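This entry carries omapatrilat.
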Amino acid sequence: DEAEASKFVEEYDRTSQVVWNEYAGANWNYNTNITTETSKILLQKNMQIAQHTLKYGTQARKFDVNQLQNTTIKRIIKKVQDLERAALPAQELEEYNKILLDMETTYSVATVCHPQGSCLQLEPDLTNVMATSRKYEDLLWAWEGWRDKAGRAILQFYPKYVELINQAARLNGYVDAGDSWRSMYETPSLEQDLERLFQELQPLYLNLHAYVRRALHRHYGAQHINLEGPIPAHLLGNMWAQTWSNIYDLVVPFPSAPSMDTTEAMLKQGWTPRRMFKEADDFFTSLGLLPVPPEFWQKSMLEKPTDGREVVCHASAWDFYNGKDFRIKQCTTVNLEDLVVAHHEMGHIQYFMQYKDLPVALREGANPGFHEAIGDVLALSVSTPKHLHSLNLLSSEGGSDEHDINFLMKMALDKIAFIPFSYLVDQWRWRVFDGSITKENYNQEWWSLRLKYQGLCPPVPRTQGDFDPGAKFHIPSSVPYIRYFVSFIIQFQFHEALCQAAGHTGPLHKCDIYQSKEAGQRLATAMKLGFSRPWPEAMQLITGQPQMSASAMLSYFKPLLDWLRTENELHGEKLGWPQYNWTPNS
Ligand SMILES: *[C@@H]1O[C@H](CO[C@@H]2O[C@@H](C)[C@@H](O)[C@@H](O)[C@@H]2O)[C@@H](O[C@@H]2O[C@H](CO)[C@@H](O[C@@H]3O[C@H](CO)[C@@H](O)[C@H](O)[C@@H]3O)[C@H](O)[C@H]2NC(C)=O)[C@H](O)[C@H]1NC(C)=O
Ligand SMILES: *[C@@H]1O[C@H](CO)[C@@H](O[C@@H]2O[C@H](CO)[C@@H](O)[C@H](O)[C@H]2NC(C)=O)[C@H](O)[C@H]1NC(C)=O
Ligand SMILES: O=C(N[C@H]1CCS[C@H]2CCC[C@@H](C(=O)O)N2C1=O)[C@@H](S)Cc1ccccc1
Ligand SMILES: O=C(N[C@H]1CCS[C@H]2CCC[C@@H](C(=O)O)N2C1=O)[C@@H](S)Cc1ccccc1
Ligand SMILES: O=C(N[C@H]1CCS[C@H]2CCC[C@@H](C(=O)O)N2C1=O)[C@@H](S)Cc1ccccc1
Ligand SMILES: [Cl-]
Ligand SMILES: [Cl-]
Ligand SMILES: [Zn+2]
């Protein structure tokens, strides 16, 4: 009967709110205070939430969702039938929870030490070395050292993690954990759709890569850069070479049109982490969207503690499943890169507030890419030179074609360079999960993809025992990655649509949607759906059509594509890395 199924979902919602709120609290308390005691409590709460998931999931599987008429009830029940790791026998469940905590903790406490010298943490110390050092050997020390300490230490856990996450997936009716993850998109054509989008971005990426490679050749020397080969992976300003904008100084298209040092401007003008989040809050409310609650300011961790606590620094946003308590945990540094991250995280909080009155089972983004995209959309407007000048972080840069191309390059170094990285991470993990890549070949297959998609090579040959994927947060934390590929594509579609709704004319990259209530309304209507409808409906509400499409990103960067093609042709660049086997001689 429809009536027993409606009652079931009402009971599930009531009880899940309580249990999920308790689990979220214990998880937060460990993430913001890594201790033996908080780990023990977290593992205990893990068994408590598993008992609830098993109880209600077992009930849900007694309903034949075929017979169910109401589609929202059918949708909730189908979801609750997936027990996730609560499908595991008790011993394997305890083992999985411990392995996950061990991997997460290992990553978040790893340090890289000089001999009889200081020990560096990833945030801020190694991040700053990668961003600012311009000495090959110092960058190599940080790049190799991080992999030696964090990556190699994850390897002992990863095969058993794979076994257990796959076992749970099979117990819930999937073939492996990658199948489970991909199912979040409810899109049978997902793999083909993502491949087509990746291929559309190749002209831009290959041209950007060749131009940056030439600039690296100029700085690091002809003996260290092959103009027809892959780029050494430690030279791009970022530990993972996933975003390249920190080497803007090495690649600036028009050096005669310099930009104000934004870090020094933020520091000289007294910006703090709290100010950064307040500015993001102001952008959301300028669109008519919701302010974060007072409680957010009391309870969030917006900077690394100075009091002796060890924490998980990697920035993240937290819903406590009570409609009131939402928090960010970020070890914020005062610079423009982290201002963008603060917007990314504030977008999650906005989504949490928008869907807070849906049943908890539907309190998720339309798909995981939508969740990661919202804050980045607003940050596209914040990042415009006009907006940054309004914040007194740049001088006036308008009315200058040189400044225009410089800005597009700054944006491409992050947004375009990230496309191949974000594509490859779960290409690797899906093949680990499906058994195509074994522990014998984890690292070799990672580097084959880093070459194939990003055109990068490791500066030091890898050795048996290396596990470089473990040195990237999302791997030991079991956070899917294709969401970020989707996000980077769709955030430009959203920007284009919101700019049109705001009445902007002229080139897309000049748009700033600040204060547009029409733009806010598009976003709010879509976010309020949560996970209640197939994601093409939310896509339609924002953009006027239902597909994912690279057209908006291509339009944004069209003037830079034209500039890059002319520049690369002038210098005779060979796009790609036809000398694909090249690696550094020294
Ligand atoms: C299929 O069932 C859904 C879900 O119904 C809700 O959840 C069930 C478990 C039961 O507890 C129901 O009693 C309960 O309504 C129906 O969706 C719901 O429809 C109602 C009626 O339009 C929506 O009410 C609105 O609520 C807002 C505030 O939240 C008011 O301001 C509005 O004026 C309006 O009254 C409700 O939001 C909506 N809920 C969800 C989660 O979608 C759905 O109508 C039903 N389908 C059919 C064809 O009957
Ligand atoms: C970090 O975690 C430790 C361990 O849970 C906290 O110390 C506990 O604090 C509670 C309440 O303050 C006491 O009831 C326990 O007896 C304490 N346990 C130990 C082993 O000291 C500590 O307060 C936490 N720090 C922060 C800043 O939250
Ligand atoms: O993405 C996430 N959670 C995903 C992880 C990848 S798989 C996916 C599909 C199958 C069911 C369930 C499973 O893990 O088994 N599930 C998840 O929880 C976290 S970051 C955000 C989120 C939280 C709650 C609900 C939805 C999203
Ligand atoms: O997404 C996240 N954090 C950001 C912070 C930096 S910006 C952003 C965009 C670029 C791609 C990706 C990157 O840095 O690898 N990324 C992030 O990881 C968090 S909300 C993911 C998470 C969710 C729940 C629990 C734990 C983590
Ligand atoms: O939300 C996530 N991961 C969830 C997936 C859905 S189930 C949930 C409840 C039971 C315990 C635990 C489990 O069984 O894996 N768990 C998860 O890890 C990831 S994406 C985000 C995240 C990562 C690290 C710390 C905090 C958040
Ligand atoms: Cl790597
Ligand atoms: Cl995903
Ligand atoms: Zn995020």
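Per the PDB entry, chain A residues shown: 40-625, in order. So this one's X-ray crystallography, 1.4 Å, going by the header. Just so you know, ligand 1 is whichever comes first in the structure, and atom 1 is the first atom listed for that ligand.
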Q: Provide the full list of ligands or chains for omapatrilat.
A: ligands 3, 4 and 5
Q. To what macromolecule is omapatrilat (ligand 4) bound in this model, taking the chain with most contacts, per the PDB entry?
A. Angiotensin-converting enzyme
Q) Of the backbone atoms (N, CA, C, O) and the side-chain heavy atoms from C-beta on, which set of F512 has a member under 4.0 Å from an atom of omapatrilat (ligand 4): side chain, backbone, both, or neither? A) side chain
Q.
Can you see any other ligand or ion closer than 4.0 Å to omapatrilat (ligand 4)?
A. ligand 5 (omapatrilat), ligand 8 (zinc ion)
Q | Proximal atoms of omapatrilat (ligand 4) relative to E411 (non-hydrogen, under 4.0 Å) | A | 1 (O)
(Q) Polar contacts were defined as any N/O atom of the residue lying under 3.5 Å from an N/O atom of the ligand; does this apply to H383 and omapatrilat (ligand 4)? (A) yes
Q) With a cut-off of 4.0 Å, which atoms of omapatrilat (ligand 4) are near a heavy atom of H387? A) 20 (S)
Q) Per UniProt domain annotation, where in chain A do most residues contacting omapatrilat (ligand 4) sit? A) Peptidase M2 2
Q: Enumerate the atoms of omapatrilat (ligand 4) whose separation from the nearest heavy atom of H513 is less than 4.0 angstrom.
A: 13 (C), 15 (O), 18 (O)
Q.
Quick check on contacts: which atoms of omapatrilat (ligand 4) are under 4.0 angstrom from a heavy atom of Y520?
A. 11 (C), 12 (C), 13 (C), 15 (O)
Q. When you measure from atom 17 (C) of omapatrilat (ligand 4) to each heavy atom in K454, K511, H353, which option holds the nearest one?
A. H353
Q: Tabulate residues with any non-hydrogen atom nearer than 4.0 Å to omapatrilat (ligand 4).
A: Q281, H353, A354, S355, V380, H383, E384, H387, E411, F457, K511, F512, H513, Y520, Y523
Go ahead and list the nitrogen or oxygen contacts between omapatrilat (ligand 4) and the protein that come in under 3.5 Å, distances to 0.1 Å, or just say none.
unit_1, atom_1, unit_2, atom_2, d
omapatrilat (ligand 4), 1 (O), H383, NE2, 3.3
omapatrilat (ligand 4), 1 (O), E411, OE1, 3.2
omapatrilat (ligand 4), 1 (O), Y523, OH, 2.8
omapatrilat (ligand 4), 3 (N), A354, O, 2.9
omapatrilat (ligand 4), 3 (N), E384, OE2, 3.4
omapatrilat (ligand 4), 14 (O), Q281, NE2, 3.3
omapatrilat (ligand 4), 15 (O), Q281, NE2, 3.2
omapatrilat (ligand 4), 15 (O), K511, NZ, 2.8
omapatrilat (ligand 4), 15 (O), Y520, OH, 2.7
omapatrilat (ligand 4), 18 (O), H353, NE2, 2.8
omapatrilat (ligand 4), 18 (O), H513, NE2, 3.0

